[PDB]
Amino acid sequence: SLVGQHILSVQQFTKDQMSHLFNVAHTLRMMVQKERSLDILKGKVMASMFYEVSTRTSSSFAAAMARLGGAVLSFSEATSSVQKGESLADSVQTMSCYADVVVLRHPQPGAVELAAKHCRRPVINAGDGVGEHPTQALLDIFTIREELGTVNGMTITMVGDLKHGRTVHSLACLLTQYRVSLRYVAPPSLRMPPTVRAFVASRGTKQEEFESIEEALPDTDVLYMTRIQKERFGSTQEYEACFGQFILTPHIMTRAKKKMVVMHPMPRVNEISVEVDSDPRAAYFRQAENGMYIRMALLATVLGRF
Amino acid sequence: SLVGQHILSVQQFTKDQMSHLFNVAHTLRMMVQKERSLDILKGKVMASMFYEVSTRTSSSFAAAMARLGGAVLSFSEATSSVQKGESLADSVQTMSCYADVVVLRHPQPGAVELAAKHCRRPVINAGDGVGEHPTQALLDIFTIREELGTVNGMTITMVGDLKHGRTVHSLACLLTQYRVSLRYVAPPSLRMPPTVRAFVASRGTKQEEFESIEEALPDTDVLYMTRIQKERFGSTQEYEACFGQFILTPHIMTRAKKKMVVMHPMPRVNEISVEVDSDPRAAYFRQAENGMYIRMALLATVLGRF
Amino acid sequence: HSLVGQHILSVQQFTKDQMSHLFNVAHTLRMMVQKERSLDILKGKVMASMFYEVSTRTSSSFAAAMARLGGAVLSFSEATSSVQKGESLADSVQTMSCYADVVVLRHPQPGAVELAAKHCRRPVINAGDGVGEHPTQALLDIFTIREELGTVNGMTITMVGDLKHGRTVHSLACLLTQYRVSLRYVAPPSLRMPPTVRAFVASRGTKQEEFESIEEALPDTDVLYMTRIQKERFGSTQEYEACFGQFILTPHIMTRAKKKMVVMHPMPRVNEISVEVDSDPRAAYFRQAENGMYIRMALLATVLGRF
Ligand SMILES: O=C(O)C[C@H](NC(=O)CP(=O)(O)O)C(=O)O
Ligand SMILES: O=C(O)C[C@H](NC(=O)CP(=O)(O)O)C(=O)O
Ligand SMILES: O=C(O)C[C@H](NC(=O)CP(=O)(O)O)C(=O)O
């Protein structure tokens with residue numbers, strides 16, 4: 001039961017917990033459609049703390065807490081007393097004095113788990129540098145299930161920057177709970193990390209690397225595209241060399257399975273042609289909307305109403 | 001007839017639409033003044049996306065949502081994934097997955113309508129560069145009609161930067177829905193733009209230019225003062241010639257009519273002196289307050305609860 | 001008695017019965033909050049949060065307070081507002097009070113808050129004016145002192161660090177004179193307690209003594225009130241790094257402290273209280289912060305005519 005627990009890492013997620021949570025997510029989405037009265041989190045305040053920029057992850061948590069009848073406390077680093085020199089631990093300790101939950105994204109990996117040590121209320125990891133994005137894995141798995149019917153028996157193809165990409169890290173790890181085959185399409189420099197490729201191996205999930213998107217596609221049921229993480233590179237030179245390696249265009253999606261989904265945790269810069277947007281296999285915006293409902297489910301369960 | 005519609009341009013309003021909207025706004029303002037329950041928009045969510053700075057337009061939409069029982073997602077460029085390089089089009093379609101209505105201010109003219117072209121939720125233009133500001137002009141006509149009892153049969157003198165002023169572009173072109181006269185008092189390099197002038201001329205309203213506040217004033221019912229837009233200038237030299245030229249003072253006012261109002265979208269820098277504000281004809285603080293109630297009407301009707 | 005509609009700018013305007021009532025109402029709301037009693041006492045009502053200097057506790061605990069009463073909150077920061085377009089302070093404040101029923105304002109120029117409230121139609125609450133006052137941090141400081149030790153009377157409080165720049169130590173020292181207290185002061189000569197304050201504290205008849213170090217000041221301390229060396233106000237960095245870190249509280253110093261005693265800090269801290277002190281029961285600085293939410297719920301409720 002997720003009640004009152006730190007949500008730090010995909011590891012802790014039982015298959016039973018995820019399915020409880022997919023179910024509550026489908027319930028909460030029904031009531032929003034039915035224009036039902038949601039006073040579920042009336043009284044409860046969420047502390048949204050972002051030290052690293054966000055659009056979907058911050059907006060999805062905020063919209064969710066609103067739509068459960070809760071309130072949100074906005075916290076950015078730039079206008080906070082961080083600027084007086086406050087430590088990350090003290091910032092988190094203080095925001096819990098006001099809030100029932102803490103959503104923390106931060107640029108340094110393990111910072112969230114480090115701050116969550118002395119935190120006396122549930123802290124949700126919304127991204128820890130290149131480490132992990134746990135609720136994003138959860139919504140991607142929900143979306144796969146939603147778009148195709150099952151997750152078991154599926155071939156997931158992760159393309160792009162796997163080294164920095166905290167979403168694929170979490171997502172690869174978590175897809176070890178489903179009978180899947182993973183394929184990686186990266187340049188040598190941005191290959192999926194060792195601990196991750198080692199973790200996935202030890203669960204038995206068959207990993208495979210490919211050089212291009214042309215090769216992986218015809219067997220790919222789930223095509224997960226990523227963004228060349230420009231702000232994690234040691235030098236632009238390294239970045240601009242890698243920028244634009246893979247570019248999904250409608251020409252490429254003419255040898256993709258009829259049954260098939262293209263995802264992206266967003267934002268995209270170059271890596272998906274806008275023309276792809278019309279193909280109904282493109283579910284990356286539907287992926288966004290799912291996120292709000294899963295995060296509604298997590299906030300309801302972690303605060304212990306569903 | 002405004003339900004589920006983008007609010008992009010004043011040329012999309014008719015008279016019935018406006019009169020309905022003002023009527024809903026009086027109706028909502030009374031509800032607020034008696035202190036009744038207001039859950040007109042309970043559960044619902046507005047995306048507040050400002051790419052330029054704002055005080056009035058952002059606060060009024062948010063106070064408006066809040067008094068209707070709704071909730072607001074505050075979005076900023078700076079803390080957003082714009083920084084990762086996400087385009088305006090994605091940003092607007094992604095916020096719509098969380099929200100029922102999108103309020104967009106953008107520094108590029110035509111941006112908001114381009115962003116609204118293929119967005120599936122309603123988008124309210126809250127200012128698109130030197131283009132338009134439809135809801136300001138909607139609350140300006142409201143305030144005029146609130147402060148004098150009519151707009152029909154009146155003369156309006158627009159003073160300041162008319163070339164850059166999106167407020168006056170909207171207001172002038174909308175005023176031609178009434179029986180009115182227009183006076184223009186700017187330096188030669190900031191006259192009203194030509195396409196806007198030809199529209200007014202095409203609809204058959206009097207466009208008369210003038211030399212100064214002194215000259216237009218005697219016969220002016222609405223004195224609409226605007227700011228010199230520093231951010232809109234190429235060279236500071238070109239702004240510092242234009243800056244502090246037209247200045248309203250109590251002495252200049254003694255020549256005005258008793259049945260007259262001075263308006264200003266705000267903020268002012270120096271164009272109206274601080275002594276002017278104690279004259280009951282100073283109707284610019286009541287113009288902002290009216291904007292909140294117009295925005296309430298505007299939201300409830302666009303979201304189909306009035 | 002009674003702060004309905006009233007501006008909240010200085011602790012000079014507070015009586016004892018206004019504090020009592022406000023402390024009482026802070027307890028009433030806490031418990032209603034503890035019972036998940038579904039509160040909508042300020043449903044409809046809007047607060048404008050106007051911060052011209054950065055914040056964490058003050059902004060968040062005003063914003064949490066409102067939300068927990070059922071009200072709304074308009075966030076206002078200088079950087080992304082039309083302050084950028086030239087707008088002066090009065091205009092901004094006067095504009096936000098058109099939208100909102102109460103205005104909380106934090107500004108860097110001393111006195112700019114009272115001066116912006118002059119011509120304002122709604123209540124304006126001072127959440128900090130430069131190196132001047134911090135009236136609602138003074139109220140929550142005295143609440144925490146009362147809750148932590150059973151009473152404020154007969155206590156000696158010791159204030160430590162940057163007394164000169166300390167907007168919260170000016171309010172508190174001034175406010176405390178409405179009890180029977182003995183004040184001890186610890187600061188390097190360049191950061192002593194301003195002369196306006198400590199003659200003001202002279203007048204009301206409250207003893208004052210200027211101790212040389214924490215260790216000397218601890219034996220008889222019932223409230224050790226620590227403060228941050230205020231970097232953003234100094235000359236001159238050269239004057240800052242001379243002062244930065246000259247008083248630091250450790251678990252070793254504490255082993256001579258009274259048993260019935262508490263350790264307070266308005267926050268944040270940089271290094272003046274060892275993280276190693278946080279597990280110590282008497283370290284009340286986080287309980288002091290939660291307390292603030294409930295105090296500032298009682299402010300909003302009372303200033304808007306609820307209790
Ligand atoms: O940024 C990416 O490329 C992937 C991933 N994206 C997101 O979380 C979406 P957002 O940053 O808009 O909240 C991330 O790591 O932040
Ligand atoms: O900014 C001006 O001077 C005029 C006008 N002003 C406003 O809308 C006021 P604000 O920027 O505070 O929303 C505009 O078109 O931006
Ligand atoms: O910052 C201090 O040292 C004391 C005092 N602190 C506060 O008010 C807390 P905050 O800045 O997080 O609102 C201040 O003067 O700002």
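Below, chain A is the first sequence line, B the second, and so on; all start at residue 1. In listed order, ligands and their atoms are each counted from 1. Side-chain atoms are counted along with the backbone in the values below, which use heavy atoms only and exclude waters and symmetry mates.
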Just wondering - which macromolecule does ligand 1 hug the most here, in the naming of the PDB entry? CAD protein
Okay, next thing: the drug at ligand 1, what is it? N-phosphonacetyl-L-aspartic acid
Which other chains have a heavy atom within 4.0 Å (strictly less) of N-phosphonacetyl-L-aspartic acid (ligand 1)? A, B
Protein residue, atom and distance nearest to atom 6 (N) of N-phosphonacetyl-L-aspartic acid (ligand 1), heavy-atom basis: A:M266 O, 2.8 Å
What's the entry got as the organism for chain A? Homo sapiens
Please state which L-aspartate-binding residues recorded by UniProt for chain A are within 4.0 Å of N-phosphonacetyl-L-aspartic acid (ligand 1) (heavy atoms only). A:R166, A:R227
What residue and atom, if any, carries a covalent bond to N-phosphonacetyl-L-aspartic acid (ligand 1) in this entry? none
Mind checking whether B:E86 has a heavy atom under 4.0 Å from N-phosphonacetyl-L-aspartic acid (ligand 1)? no
Relative to the heavy atoms of A:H133, which atoms of N-phosphonacetyl-L-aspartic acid (ligand 1) are at a distance of less than 4.0 Å? 8 (O)
Considering distance alone, does some N or O of A:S58 sit under 3.5 Å from an N or O of N-phosphonacetyl-L-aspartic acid (ligand 1)? no
Close approach of A:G127 to N-phosphonacetyl-L-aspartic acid (ligand 1), heavy atoms, under 4.0 angstrom: no
B:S81 neighbourhood, listing N-phosphonacetyl-L-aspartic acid (ligand 1) atoms whose heavy-atom distance to it stays under 4.0 Å: 10 (P), 11 (O), 12 (O)
Hey, is N-phosphonacetyl-L-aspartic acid (ligand 1) close enough to A:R105 that some N/O pair sits below 3.5 Å? yes
Atoms in N-phosphonacetyl-L-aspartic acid (ligand 1) with a heavy atom of A:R166 nearer than 4.0 Å: 14 (C), 15 (O), 16 (O)
If you take the residues UniProt annotates as binding carbamoyl phosphate in chain A, which of them have a heavy atom under 4.0 Å from N-phosphonacetyl-L-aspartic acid (ligand 1)? A:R56, A:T57, A:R105, A:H133, A:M266, A:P267
Which residues form the binding site of N-phosphonacetyl-L-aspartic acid (ligand 1) when counting heavy atoms under 4.0 Å? A:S54, A:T55, A:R56, A:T57, A:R105, A:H133, A:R166, A:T167, A:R227, A:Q229, A:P265, A:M266, A:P267, B:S81, B:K84
Protein N/O near N-phosphonacetyl-L-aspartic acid (ligand 1) N/O, under 3.5 Å, which pairs?
residue	atom	partner	partner atom	Å
N-phosphonacetyl-L-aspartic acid (ligand 1)	1 (O)	A:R227	NH2	3.1
N-phosphonacetyl-L-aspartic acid (ligand 1)	1 (O)	B:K84	NZ	3.1
N-phosphonacetyl-L-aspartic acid (ligand 1)	3 (O)	A:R227	NE	2.9
N-phosphonacetyl-L-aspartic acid (ligand 1)	3 (O)	A:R227	NH2	3.4
N-phosphonacetyl-L-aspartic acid (ligand 1)	3 (O)	A:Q229	NE2	2.6
N-phosphonacetyl-L-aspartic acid (ligand 1)	6 (N)	A:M266	O	2.8
N-phosphonacetyl-L-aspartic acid (ligand 1)	8 (O)	A:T57	OG1	3.2
N-phosphonacetyl-L-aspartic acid (ligand 1)	8 (O)	A:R105	NH2	2.9
N-phosphonacetyl-L-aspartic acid (ligand 1)	8 (O)	A:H133	NE2	3.3
N-phosphonacetyl-L-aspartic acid (ligand 1)	11 (O)	A:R105	NH1	3.0
N-phosphonacetyl-L-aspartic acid (ligand 1)	11 (O)	B:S81	OG	3.3
N-phosphonacetyl-L-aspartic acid (ligand 1)	11 (O)	B:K84	NZ	2.7
N-phosphonacetyl-L-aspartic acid (ligand 1)	12 (O)	A:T55	N	3.1
N-phosphonacetyl-L-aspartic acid (ligand 1)	12 (O)	A:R56	N	2.9
N-phosphonacetyl-L-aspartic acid (ligand 1)	12 (O)	A:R56	NE	3.2
N-phosphonacetyl-L-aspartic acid (ligand 1)	12 (O)	A:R56	NH2	2.6
N-phosphonacetyl-L-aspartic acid (ligand 1)	12 (O)	B:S81	OG	3.0
N-phosphonacetyl-L-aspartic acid (ligand 1)	13 (O)	A:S54	OG	2.6
N-phosphonacetyl-L-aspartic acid (ligand 1)	13 (O)	A:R56	N	3.4
N-phosphonacetyl-L-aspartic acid (ligand 1)	13 (O)	A:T57	N	2.7
N-phosphonacetyl-L-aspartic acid (ligand 1)	13 (O)	A:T57	OG1	2.8
N-phosphonacetyl-L-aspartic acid (ligand 1)	15 (O)	A:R166	NE	2.8
N-phosphonacetyl-L-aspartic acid (ligand 1)	15 (O)	A:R166	NH2	3.2
N-phosphonacetyl-L-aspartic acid (ligand 1)	16 (O)	A:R166	NH2	2.7
N-phosphonacetyl-L-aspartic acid (ligand 1)	16 (O)	B:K84	NZ	2.9

